[PDB]
Structure formats: structure tokens, C-alpha cells
Amino acid sequence: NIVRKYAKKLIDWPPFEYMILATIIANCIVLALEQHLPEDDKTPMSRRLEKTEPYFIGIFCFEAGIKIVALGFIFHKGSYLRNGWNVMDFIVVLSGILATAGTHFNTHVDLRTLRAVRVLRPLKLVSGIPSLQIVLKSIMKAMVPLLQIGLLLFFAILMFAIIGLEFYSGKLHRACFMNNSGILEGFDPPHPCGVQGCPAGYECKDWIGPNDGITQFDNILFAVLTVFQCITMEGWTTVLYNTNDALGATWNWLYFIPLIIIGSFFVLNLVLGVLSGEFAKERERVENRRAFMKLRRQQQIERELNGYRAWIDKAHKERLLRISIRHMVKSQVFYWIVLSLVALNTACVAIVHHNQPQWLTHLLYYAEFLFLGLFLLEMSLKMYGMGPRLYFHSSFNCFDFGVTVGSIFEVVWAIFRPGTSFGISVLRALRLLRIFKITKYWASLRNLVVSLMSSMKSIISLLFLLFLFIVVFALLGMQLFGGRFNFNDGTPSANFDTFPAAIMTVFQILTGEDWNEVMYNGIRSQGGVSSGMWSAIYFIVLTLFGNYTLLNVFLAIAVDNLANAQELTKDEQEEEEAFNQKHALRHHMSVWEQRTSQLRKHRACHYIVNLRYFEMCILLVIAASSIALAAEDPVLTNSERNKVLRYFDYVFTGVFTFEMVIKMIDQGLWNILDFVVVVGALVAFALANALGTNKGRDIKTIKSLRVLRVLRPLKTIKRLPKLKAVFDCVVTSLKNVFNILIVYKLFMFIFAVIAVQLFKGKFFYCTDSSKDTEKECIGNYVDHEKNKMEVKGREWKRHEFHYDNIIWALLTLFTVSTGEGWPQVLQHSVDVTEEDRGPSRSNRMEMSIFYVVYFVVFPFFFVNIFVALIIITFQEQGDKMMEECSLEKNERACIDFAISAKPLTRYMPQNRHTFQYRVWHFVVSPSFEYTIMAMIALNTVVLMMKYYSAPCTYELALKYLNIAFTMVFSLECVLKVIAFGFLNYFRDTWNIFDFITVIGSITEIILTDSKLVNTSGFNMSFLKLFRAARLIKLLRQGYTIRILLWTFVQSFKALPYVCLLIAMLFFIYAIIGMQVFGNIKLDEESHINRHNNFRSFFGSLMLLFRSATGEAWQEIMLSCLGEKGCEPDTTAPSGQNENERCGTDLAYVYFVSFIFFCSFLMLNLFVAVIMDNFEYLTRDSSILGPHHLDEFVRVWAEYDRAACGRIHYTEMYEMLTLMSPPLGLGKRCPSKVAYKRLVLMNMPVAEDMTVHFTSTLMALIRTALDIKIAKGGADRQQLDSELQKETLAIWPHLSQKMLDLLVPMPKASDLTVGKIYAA
Ligand SMILES: CC(C)CCC[C@@H](C)[C@H]1CC[C@H]2[C@@H]3CC=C4C[C@@H](OC(=O)CCC(=O)O)CC[C@]4(C)[C@H]3CC[C@]12C
Ligand SMILES: CC(C)CCC[C@@H](C)[C@H]1CC[C@H]2[C@@H]3CC=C4C[C@@H](OC(=O)CCC(=O)O)CC[C@]4(C)[C@H]3CC[C@]12C
Ligand SMILES: CC(C)CCC[C@@H](C)[C@H]1CC[C@H]2[C@@H]3CC=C4C[C@@H](OC(=O)CCC(=O)O)CC[C@]4(C)[C@H]3CC[C@]12C
Ligand SMILES: CC(C)CCC[C@@H](C)[C@H]1CC[C@H]2[C@@H]3CC=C4C[C@@H](OC(=O)CCC(=O)O)CC[C@]4(C)[C@H]3CC[C@]12C
Ligand SMILES: CC(C)CCC[C@@H](C)[C@H]1CC[C@H]2[C@@H]3CC=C4C[C@@H](OC(=O)CCC(=O)O)CC[C@]4(C)[C@H]3CC[C@]12C
Ligand SMILES: CC(C)CCC[C@@H](C)[C@H]1CC[C@H]2[C@@H]3CC=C4C[C@@H](OC(=O)CCC(=O)O)CC[C@]4(C)[C@H]3CC[C@]12C
Ligand SMILES: CC(C)CCC[C@@H](C)[C@H]1CC[C@H]2[C@@H]3CC=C4C[C@@H](OC(=O)CCC(=O)O)CC[C@]4(C)[C@H]3CC[C@]12C
Ligand SMILES: CC(C)CCC[C@@H](C)[C@H]1CC[C@H]2[C@@H]3CC=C4C[C@@H](OC(=O)CCC(=O)O)CC[C@]4(C)[C@H]3CC[C@]12C
Ligand SMILES: CC(C)CCC[C@@H](C)[C@H]1CC[C@H]2[C@@H]3CC=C4C[C@@H](OC(=O)CCC(=O)O)CC[C@]4(C)[C@H]3CC[C@]12C
Ligand SMILES: CC1(C)O[C@@H]2[C@@H](CO[C@@]3(COS(N)(=O)=O)OC(C)(C)O[C@@H]23)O1
Ligand SMILES: CCCCCCCCCCCCCCCC
Ligand SMILES: CCCCCCCCCCCCCCCC
Ligand SMILES: CCCCCCCCCCCCCCCC
Ligand SMILES: [Ca+2]
């Protein structure tokens, strides 16, 4: 079976690989055409197609046959299966052979599980095109570092699930149903019970869980799914509200806020940091520097070539008029005429709206033709007037020709199909980007476009892989859930029946927004909270490996193509401003640039205002005034508190004016903020004290000039010199991303204009689904669908987020960008028919293309462009210390913790008595520590084995297992105190943690039993935490999770003001919200509920956090708008029927801005952390950081136990000849290579020919990193003098005892431990 003379290996060749490539495309089309019907039903077309599967199976088994006979199978090394892709090729064809062997046995096996392998057939495209595999491998290569955030993530999910199991395990099963015996009612958002009982006339009956039983903490598997849902931030507030109802709203915020902060924000920070480190380390590989230099050289060629092409300045009608054309048609007044007339074109097509006055329709009708013809003329004048042959040589010239032909297309197609007019003539607004040519920002952007246009075969071949995996997951979802979504309510819009509706729900699940509800449908599809929950695993493996592989793809693209355009533009100013300006006669280098370059290298009276207690005693008043803002009651206008705080308002404005006046005295004429606040306070006080009446509706005047008070916290920014510095960092980041913010705004405007042309006037609907016009939608109608059959009135409405004016298009596209509620906008956009006609379900299903090209551009591409610009260009915060430690920088400087790490164990009993070497022995030499890690790994299981409604003995089984594990752990505790000593035990920061946990568990076991009455107004539940903290003991045996956590928490401790700006943002907006929307009448039908309201400071803080985490903020914005009801206020006799205006239309500004500020101020806090640890995140095995450097302590303590000496020299080559080679020799290099390393290390001697600890430490450090070392002689000592000067320059706190130790001064006369075996 090794028969040579194959003759089939020559058939694996040019043509029979381009036929397999076509059979696969045909097969993918066939799998696309299929439609899945609910119960054994089949469309005629699907029966038609089911008669092609044998053809494809035949061709694929033929491929297996020819490849197998022309190669080996397994035993041959280069055989068939030894390829990685051929094994899955073979599995797919195997299942093709098997699944078509059903009729023979009538499928008595009842597989229902083998044609689901067919969905892997699209991946055979990757197998057939290696140009796609070598992109896929690169992508999968960038995600290997992530498999420690995942373990960090799954730990957090587990740690918060255990806790959930303790606290909400069975407490979500009673709901408040209307008494109404027989027909129980309940709410539409069901209201749970607890000791918090039913409100008015409802009774507390049984209930399956919240989402038909799916969103509860019953098992551990139900808790690690609810908590995974909350971490993805989808519907985490519904869970928070359920547990608030079911238990009481006082402690639940402690579980769900740190679950979102730790699990959802901190994990984004880790993932961004890890990926950015990986991108810095991957841009410098040789095969990537090579392909970048190939781009920089070609940019040099073109840059000089255009300058040379400027030297072509040559000075009957073939030359008589065609000389003046090309003159004028390139003059600087012509560019400006064209660019000031395209700016009229894009203002003409941006004023179209719905119901535009009938004169505008005709005026703009003439305008399209006028401008189109004018651009035809001033395009031909470039083509017939300068030459078609050399016409396509400018990029935007090709682009303008394309837009002109497209506009001609649009005119014709509007003529022959009136209606849809998607109007590609706003694309000419792209020419406005040419305006940048007149600024200094042209290079930064032309280089970006050059770096994008070069790397386009690798962006397309990468979007194509995203598309293949979406197709595979769409077909898999069709298999699992195809036609099973026909519920008795009606099939949802997020189907899996047909292909265009499976693609657009896999797209939701990737963009991860409302994957919640799709998963609930896909669970009740296959059963319920029952046999059906095994399919919560398609929506987890697609909302994880999608929310993360799509930020590693779109961040790789945007960091690569933007670090390229930053290094391309650093080599213009480094030539045109540093080469010619010299030969024709650091320096603000960001953190990323530094790191990647390092990798590639491998009146008189008042002036006594100043009292040391004036600029610090006004700060206290600012703080007290800010806090007093928080305690206003928004609703009870004339309560006790509001009067007390009004007197405080007098006090505070008095202080602020008495200091503003003296400041203006000493300063004459950030302070404008002080001025505005004091002027507003004075004006409000004056015109409220004076009359208050006799001016039209001027209660709101004082109410609105008291919103200016919220600026009082802002006054601190100038006072605190470091808060001011962080604020300025935020502003300079905003200025960095401002040439791209404008390109973003321009592209978003173009999409908004297109969306207005496409959906204007079409977002209307009658409240009665049968009528579909404003003429018909009048009267009353019986509503059966509420299942109450009640007579309502027909109203003709718009949808709330429509696209009938460019302002409304911009707002409802911003809503799509933030992600919230875009599935509903897509649902409205497909169900669209004609102007002023009502919807028709899943009509015009192609308007979903607009909503994927949108996502590929704005939420995926530009947002990652912004993250990458802020990462790449981030300046070190404080660097004004002699050019940033000119000679010893991050890795050099920080590796000098040799001033530390002197100590060693010092824990051995050193008594050799009994217990001294008995217990402290037993403890060491694992036969005890392994057995105790086993008890940790089993106590982690008895915490996962809680569940609700257990049999009985299982419950006691758990109690006694807990007792046994607590007994073993308390034996841990008092078996190391007496083995390590009382003082030594409480000093390792993990022993005290274990002690706290064992004490907590012991007291829990005591308290839950008798001999202490469980009264005196105190609750014992929190002690369960001490039992669930034992799972943290699994983290101790980490050291790769622990290093990340320590590294990223340290850099949170070094930015105490970056997360004070976010607290101040939240404070300012919470106070504004309380003032403005504080007295909206709560309505459970709206989103100003009893849960979600601005009624209190902490309620508004929760509302703002809910919105920041992107949780239906759009509907809070809509339910805060004008004309809403109002609270009774129970303190006034007037304004009962009136002041039915207690909303406001500033909600749009209030929520569109916060979402832009909180999403920006968080980005900074992310980058400010990432760039803090950029040395850890770009650490490498080649390049030393402290990561390798602590191994030296281990090898020292074990192999030497020197204690400042006690080495002589044997320990040296007893050290270096074994341990890993970032420090030098290593095991495989005990040769003359080691000899020539040692001859570079030279350092003095001691009593027994010995040396010091840290002297050797610097010896290894400098001999590896090359930190100021010569080849010998007094040369190395003068270099050492330089090094000593540098060390004193960094650290003055080193005494000459320790300093001389670090600069051991090996004079030439004094022989070394290095020049002993050398000579
Ligand atoms: C220079 C370019 C890029 C921007 C120019 C701005 C316009 C595109 C914006 C500015 C304000 C907008 C207007 C703001 C308010 C309205 C009223 C509103 O129409 C109605 O009141 C409906 C009933 C009616 O037409 O009488 C929506 C269209 C319109 C004119 C908007 C159309 C688009 C306008 C003119
Ligand atoms: C949380 C505190 C310690 C932060 C620092 C600010 C405090 C020094 C002061 C500044 C203004 C003070 C407030 C000014 C006025 C009032 C009204 C005063 O009267 C009532 O509300 C009594 C109502 C009742 O009897 O129930 C109660 C304290 C309170 C809220 C004060 C609480 C303490 C505040 C916030
Ligand atoms: C400004 C930069 C980002 C250029 C990229 C934008 C355009 C290339 C995109 C924006 C939205 C897209 C459009 C949005 C949705 C549709 C509707 C879809 O259905 C139709 O309108 C045609 C059939 C019909 O409805 O009669 C056809 C593709 C089209 C025009 C899309 C084609 C590509 C468009 C114009
Ligand atoms: C019985 C199990 C299935 C219940 C749940 C606990 C597990 C997650 C246990 C099973 C065995 C345990 C492991 C047994 C031995 C080791 C080796 C050791 O791993 C190290 O990182 C060692 C130090 C190093 O080499 O850096 C200590 C942790 C670990 C992985 C243990 C971690 C916890 C594990 C994986
Ligand atoms: C890595 C390994 C060790 C996973 C850990 C296994 C156990 C710690 C977990 C995983 C599966 C869990 C089980 C999944 C489902 C069920 C069925 C369910 O029991 C019922 O019949 C409940 C009925 C009801 O609640 O009305 C809840 C307990 C139990 C056995 C769970 C108990 C805890 C189990 C065994
Ligand atoms: C070593 C630690 C970390 C885990 C040990 C797990 C198993 C060895 C044991 C411990 C408790 C046992 C459970 C204790 C009680 C019950 C209830 C029992 O059902 C009854 O109602 C009991 C009827 C009877 O026997 O009288 C069925 C077995 C079961 C689930 C046992 C199954 C086996 C379990 C899980
Ligand atoms: C019971 C199942 C369902 C989950 C149990 C909890 C896991 C999330 C925990 C238990 C043990 C933990 C592991 C214990 C030890 C290690 C080895 C450790 O690896 C290293 O640090 C590499 C060695 C080195 O470089 O020092 C860190 C990850 C890991 C797998 C830990 C990851 C998190 C684990 C798997
Ligand atoms: C559920 C998760 C998110 C919380 C777990 C707590 C961690 C944030 C903290 C708690 C205790 C910390 C540990 C406490 C002490 C040390 C020793 C310390 O060691 C070093 O400085 C480096 C090694 C050396 O040079 O000796 C810093 C890492 C480590 C393991 C810390 C790592 C980060 C830990 C695990
Ligand atoms: C990244 C972090 C460390 C920066 C600083 C914190 C901020 C992100 C802010 C914004 C959201 C704030 C939280 C928003 C919501 C709440 C609930 C709020 O709840 C209550 O006081 C009562 C219960 C209820 O909310 O109904 C208490 C403040 C708190 C935790 C806030 C604490 C401070 C937070 C986390
Ligand atoms: C680490 C980093 C930034 O991401 C990798 C890898 C090599 O370059 C990538 C970047 O994507 S692209 N098409 O803009 O070149 O291109 C591919 C080949 C897709 O892989 C990309 O660089
Ligand atoms: C040796 C190079 C190839 C590495 C092994 C094959 C990888 C590709 C096959 C598996 C792809 C994922 C299949 C599961 C569904 C997404
Ligand atoms: C030679 C062209 C000069 C262009 C100057 C402005 C460029 C602005 C950045 C363009 C980014 C395009 C991204 C489009 C969406 C994928
Ligand atoms: C990623 C690109 C594909 C996007 C798929 C969704 C749009 C599908 C457009 C064609 C819709 C045809 C509907 C036929 C009847 C269901
Ligand atoms: Ca959401």
C-alpha cells in the first residue's frame, strides 16, 4: 500500500484545484438557498436541492480518494491526515458518505446529528486557498496571549457564581400575581416577592424563574450562565431589579456593580492591554519590519518622484486652447471653485426631510440635474481638456469619475423606478477631505490612507474570514434552530429559518447586543429550562469568540495601519526637516514609540490673601457645597431640607463672592467658570428675593439658573494641580483624535444623508395593524392581542427613532453606534414599504445591507481607529527629570531593584530539635502541601454542589463536608504557626488571608448552630462570604494570573486622579439629572420606573451607570423628554393640573453627551493604565525585565545560601551553567562562549575570594543588557564612573556603603573573580 507510480500526484495541479474551488462555492450557495420549515415540512425548492447532495458527496470523496492515493494516510509522515486541514476535510466527506447511508437503513439509527457536519463545508474554502490560511493563522496567533484573560475571566465568573449560589439560590420563585382566582394576572415585567411582599391587592404565588425559568441562580450551571450574561452587560439590570424585588434593594448593588466593573470593564482593560502588547511585539518581527521598509522605500520613491514631476514646466486647436485648459483647470482658484460648489451640493442634499415644502422638492429636483451636469462639465474639462490617457492617475480623480457615473446611474434608475432613491451623490462630500491639504495634518492622514491602501489584500482577506465564520455559524444555527422558532406568540424577527435571517441574527449575537433574548428563544425552542438548555452553548461560544475575535481583528487592522502611518510620517520630518535642511546648507516620542524602538534595537491688603489656609480652606467649601448639592430633594420643593440647603446656598455664594472679589482685586481684568457660577447665584438670589411674580413663568427661571450650581465641583479642577494635569491629559488626547473625529463626522453625515434618502417618511405605523395609511388610521378598534380584547383608539404614529431629517438620522445612527436597540431599528427598517404607508413584516429585507456596512465602518473600524490613536500617541505623564533619565530608561531603570531583594527565606527552624524539624518539616517537602491543595480542590467543589430543593441527606452531606474541610483548614492554620512562629506566620499576606477565612468559616459553623440566640437586630448571612472566599486559594497556584492582577492593580494605584475625573463626571451628571428630571412622575410602562429614576442621588447614579454600561439608555432618554407627568410634590397648592410639563427636551443633549463623555473618559482611564504597564505587556524572553530577574534569588537561595559572600567562584558556574539564558550561559553553553561572557564581567573580591549578592546581580544585569561595560582596563572603570554618576542621578537615597556595593569599583590592580579562570 506504498505502491509508487502514483500518476495521481500530477493530477493535484493547476486546473483540478480550481474546479474543487468551484464545487465548494456551488455547495455553499446550495446551503444558502435552503429554508427550514417547522415540523418535517419542506419547501418545493428544498426538495429540489436535496437531490444534489450526492453530486457534492461524490466529488468530495473523489478528492479524498485522489489525495489519499497520491499521498499516504497516517503512517507515511507527509501523509494525508498529517496535514491539519485534511483531517477536517476527511471528517466532512466521511459524514457526507455516512449521512447519505440512511435510506438503506431507513435511518433507523435516528441520527438527527450527522448532516450538521455539512455546515463545516464553507471552511473548505480556507483549506483550498492558502492565501487565507496564512491570514487565519496570523489572527489565531494574536489570540494566544488571551488564553490567560480567559482563565482570569472564567475564574471571576466562577467566583461570582459561587456567591450567587449562596445568596439567590432559591429566592426568585415567588411572584406577585393578581388575586383574580382562576385567571392569575401578574405584571408584564413580572414582580417577584420576598419578605418584600406584594404591593396593593396582589398575592404572592408560585412562579417559574424570570425568563421562563432561565435567569436564576439555582444550580452552579444556572449561576455561571446568569453571571456570564451580566458580564456581557446584556440585561444585567433586569437581574439586578429582580433580586432587588425578591430580597430588598439594600445589598444587591454590591454584587452587580463589582460584577460589571471587575468582570466587564477591568477585563476589557486587560484584553486591550494584552493585545496592544502583542501588537507592539509583533510589528517588530523581521518578516514585518521587512514588509514595512518595503512600504517606506516606495513612499520615498513617490515623494521624490512627484517633486521631479514638478520639473515638467514646459511653456489648429490641438495646442491653441488645450494649453489654457490645463492651465486654468489646475489653478488654485479652480480647486476652490469646485470645493466651494461641492459644499453647496452637500448642503442641498442635506435639507431634504419628510414633508418638505412643495417648492423645495422642485427646486432640489432641478438642483440634482444642475450640479450633476456641472460636474460632468468640470470632469470632461479634465478629460477632453487634459487627456483621457493620463486622467486616472489621481486617486480622487478616479473617485470623482466613479461618483459621476454613479449619479448618472441614480438619475436613470430613479426615472425607471420611482421610489427607492438611495442617492449616491452625497459621496462628493468626501472631496471635502481634500481641504486638509491646506493644513499641517495632511501627512498624518495621507499616510494613513497609503498604509490602508497598501494593506488591502490582507484586510479584504480578513473580512472574508470573518464572513466565512459568520456563514458557518449561520448554517449551524439553521441546523439547530431552523424552523423551531414558530412559537404560539409568533415567530420572532431574530429567526434562523432562512439564510438572510440567520446571517442577521448571528450578526446580533456577534455585536452582542440582545444576544440575551435570542438565547432565550433558542432555549425554549429545544425544550425549555429542561432538556433544552444544552443550546445555551451556541450563544456563549459566539458571544465570546466574537466579541473578542472581532476586537482582535479590527484592532490589529487599526493599530497596524496606524503605527505604520505614524512611522511613515516620522520619516518625513526626519528627512525634509533634518536631511535637506542640513545638507542644503526622543523629542516628544510617545510611550508606544519609545517601546517599539527599544524592541527594534533589541490691592496692598488683599495680596495677603495667601495664608496657607486660603487656597486650601476654599477647597473644603467647594467640597461641602458639592456634597450639599447631592442632598437636595428634587421633588419636595419646599420641604425642610431644601430650606436648610437654601440657607447653605446663601453661605456658599457668600464665600465664593468674598473670594472672587479679592482675587479680581489682585489680578485685574478657568476663572470664567468661577465668574459664571457666582453671577448666576447672585442673579437667581436677587430676582427670587425681589418679586418672584409679575414676570412670565419665571419660577423656571430660578429653577434653571440654579442648575449653574452644579458647576461648583468643577472649580476643584484648577485648584488641585494634579487633577488639572489629568484634565489636561484628557484634553490633549481629544486634540490628538480630532483630525479623525472630523473624518468620522463626515462619514457619519454621509450615512445619515443616505439613510434619510432611504427611510424618509417610511417609519410610520398605525396602532391598528390592519390599517396602513393616515386616512384609514382613524376611529376605534378592538385590541385582541393584549389577550384582554379591549377597545383602543387608532393613532397614526412614528417609531421613536426614525430617519426623516438629517438630525434624526444622525441621532438614530448614533444610537446604532453605541449598540443599544439597533435590532429594533433594523426590524423597523426591513419592515418598510413606502412614504406615508405602514409597515409590512420582513418586506425589503435588503435594507439590512445598510446596517452591516454601517457596522463594519463605524462601530468596528473607526472606534478601533480611535482606540489605536489614543494608544499609539500616549505621552508619559510626568517626564521632566533631565530628559527622562537620559541613559537609564524603563527596562534599564526599573530593573535596578537591586536596591531591594537582598533578603532570603530566614524561615528554617535552625534548631534541629523535635517539632522544629518535625512540623516545620512535615509542612515543607510536599506530602502535606499536596494533600492540602487536594482539600482546596475539593472544597471548591462542595461550594459548587449547592442547589435548590435538594433531597435532604445531600443537604446534610454538604454541611458535614464543610465541617471536615474547615477542620482541615484550621489544622493548616495551627500547624504552621507552631511550625513557622507567630510573628513569621502573619507576614506572608496569604497566611493572614487563610486565617481570616478559617476564622470566618469557624464562626459561621458556630453561629448557624445553637447556644446563641439569633436576635438583637443583626444578620448572619454575610459570613457565607468567608466560606466562598476559599476558592481564592486556587488563585495562589497561579503566578500568571497573579502577575497580571498585581501588575494591572498597581497601575490603578498610580492613577488616583484619572478615576476621580470619572467620579466627577458621574457626580456632575447625577446632579444635573436630579435637578432636571427629578420630578418626572414614575410610570411602570415607561423607563422611569421605581427602579430607574432620577428621584435621588443614588437612584440617578444607578441610572447613569446603567446607561454607561449601555443598557437601554435610548429609552431612558426618550422617557425623560418633555411633556411628561409630574410628581404631586405634596408641598404646594398650585400647579396641580398645570406643570404637566415635567420632562425636558434637553434629554437628547443630556444622554448623547454623557454617552460620549463616559465612553471617552473611560478610554483614557484604559489607556492610562495600559501604557503604565507597557513594559510588562511587551515583555519578551530575549529582552530582560525583572520577570527573569527574580529567578536569581531562587537559584541563589537554593544553590548557595551565601548571605553576602560564601560563593568564592564555584557558585558562579554552579549558577549560570544551568538556568535559562536571558541571564547568560545556560545549560547548553558551558564552553569558551561562557568564557568570553565571563571575561566581560569583572568585579572585586572578598574574604574567601567571595563576592556580594547585588554586585553579582548588576554583573548579570549589565552583561546581559549591556549597561555601560567596556572590554577591560581603566576604560571599564571610567565607564563605571559614568554609571555611578547615572545611579546617583536617578537615586540619591543610596548610601555610599550600598552605592559602593552597586558600583563595586574593580580597579585594575585588584584582581577579580572574573580574571581567575580566564588567565
Ligand atoms: C452644511 C451642511 C453640511 C449642513 C447644513 C445644515 C442642515 C442640513 C440642517 C440644519 C438644521 C436642519 C433642519 C432643522 C429642522 C427642520 C424642521 C423639520 O421639518 C419640519 O418642521 C416638518 C414639517 C415641514 O416641513 O414644515 C425637519 C427638517 C428641518 C428643516 C431640518 C433640515 C436639515 C437642516 C436644515
Ligand atoms: C457625608 C458628609 C459627612 C460629607 C461632608 C459634608 C457635610 C460636612 C455636610 C455639608 C452639608 C450638610 C447637610 C446640610 C443639611 C442637612 C439637613 C439636615 O436636616 C434634615 O435633613 C433632617 C431631617 C430629619 O429630621 O429626618 C440633615 C443633615 C443635612 C442633610 C446635612 C448633612 C451633612 C452635610 C452634607
Ligand atoms: C462613505 C463611505 C463609507 C463609503 C461607503 C458607503 C456606501 C458605499 C454604502 C453606505 C450604505 C450602503 C447602501 C445601504 C443600503 C442599500 C440598499 C440596498 O437596496 C437598494 O436600495 C436596492 C434595491 C431596492 O431597494 O430597490 C442596495 C445596497 C445599498 C444601496 C447600500 C450600498 C452601499 C452603501 C451605499
Ligand atoms: C477535582 C477537580 C476536577 C475539581 C476542581 C479543581 C481543579 C481545577 C483542580 C484539579 C487538579 C488541580 C491542579 C493539580 C496540580 C497543579 C499543578 C500546579 O500548577 C502550577 O502552576 C504549579 C507551579 C508552576 O509550575 O508554576 C499547581 C496548580 C495545579 C494546576 C492544580 C490546580 C487545580 C486543579 C486543576
Ligand atoms: C468540573 C466538574 C467537577 C464540574 C462540577 C460538577 C458538580 C460540582 C456540578 C456540575 C453539574 C451539577 C448538577 C447539574 C444539575 C443538577 C440537577 C438538579 O437537581 C434536580 O433535579 C433539581 C430539581 C428542582 O430544582 O426542582 C440540581 C442539582 C444537580 C445535580 C447539579 C449539582 C451540582 C453539579 C453536579
Ligand atoms: C469529596 C467531595 C468533594 C464530594 C463527594 C461527593 C460524593 C462522594 C457524595 C457526597 C454527598 C453524596 C450525596 C448525598 C445524598 C444524596 C441523596 C440521595 O437521595 C436520597 O433521597 C437518599 C435516599 C436514601 O439513601 O435513603 C441520592 C444520593 C445523593 C445525591 C449522594 C450522591 C453522592 C454524593 C454527592
Ligand atoms: C471546576 C472547573 C469547572 C473550574 C475550576 C476553577 C478554575 C477556573 C481554576 C481552578 C484551578 C485554576 C488553575 C490552577 C493553576 C494554573 C496554572 C497556572 O499556569 C501558569 O502560571 C504557568 C506556569 C508558570 O509560568 O509559572 C495558571 C493557570 C491555571 C491553569 C489556573 C487557572 C484557573 C483554574 C483552572
Ligand atoms: C477575584 C480576583 C480579581 C481578586 C484576587 C485578589 C488579587 C487582586 C490579589 C490578592 C492578593 C494578591 C497577591 C498578594 C501578594 C503577592 C506577592 C507579590 O509578589 C511580587 O511582588 C512578585 C514576586 C517576587 O518578586 O517575589 C505580588 C503578587 C502577589 C501574588 C499578589 C497578586 C495579586 C493578588 C492575588
Ligand atoms: C473604574 C472605577 C473604579 C472609577 C470610579 C467609580 C465610577 C465608575 C462610578 C460610576 C458608577 C458609580 C456607581 C453607580 C451606582 C452605584 C449604586 C449606588 O446605590 C446606592 O447607593 C443604593 C442602592 C441603589 O442603587 O438603589 C451607590 C453608588 C454606586 C455603587 C456608584 C459608585 C461609583 C461608581 C462605580
Ligand atoms: C500584529 C498585527 C498588528 O496584526 C497582524 C499582524 C500582521 O499584520 C496584519 C495586520 O492586519 S493588516 N491587513 O492591516 O496588515 O495583517 C495580518 C496579515 C492580517 O495580520 C495582521 O500585525
Ligand atoms: C497544521 C496547521 C493547521 C492547524 C490545524 C487545523 C486548524 C483548522 C481546522 C479547525 C478549524 C475549526 C473547526 C471548528 C469549528 C469552527
Ligand atoms: C490620498 C488620500 C488623502 C485622504 C485624506 C483624508 C483621509 C482620512 C482618513 C480616511 C479613512 C478611510 C476609512 C474608511 C472606512 C473603512
Ligand atoms: C455580510 C453580507 C450579507 C448580509 C446578509 C443580509 C442581507 C441579505 C440581502 C438579500 C436579502 C434577500 C431576501 C430574500 C427573502 C428572504
Ligand atoms: Ca444592551
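We're numbering straight along the sequence, starting at 1. As the structure lists them, so they are numbered: ligands from 1, and atoms in each ligand from 1. Portion of entry displayed, and contacts counted within that portion, nowhere else. In what follows, every heavy atom counts, from backbone to side chain, and hydrogens, waters and symmetry copies are set aside. Determined by electron microscopy, 3.0 Å, according to the entry header.
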TODO: Provide the recorded name of the drug at ligand 10.
DONE: topiramate
- prompt: In this PDB structure, which macromolecule forms the chief contact with topiramate (ligand 10), named as in UniProt?
  reply: Voltage-dependent R-type calcium channel subunit alpha-1E
* Other-chain residues near topiramate (ligand 10) (heavy atom, 4.0 Å) -> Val135, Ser138, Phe279, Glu282, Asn288, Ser455, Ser458, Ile459, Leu462, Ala556, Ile557, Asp560, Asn561
(Q) Okay, using a heavy-atom cut-off of 4.0 Å, which transmembrane segments of chain A touch topiramate (ligand 10)? I'm counting from the N terminus per UniProt. (A) 11, 12
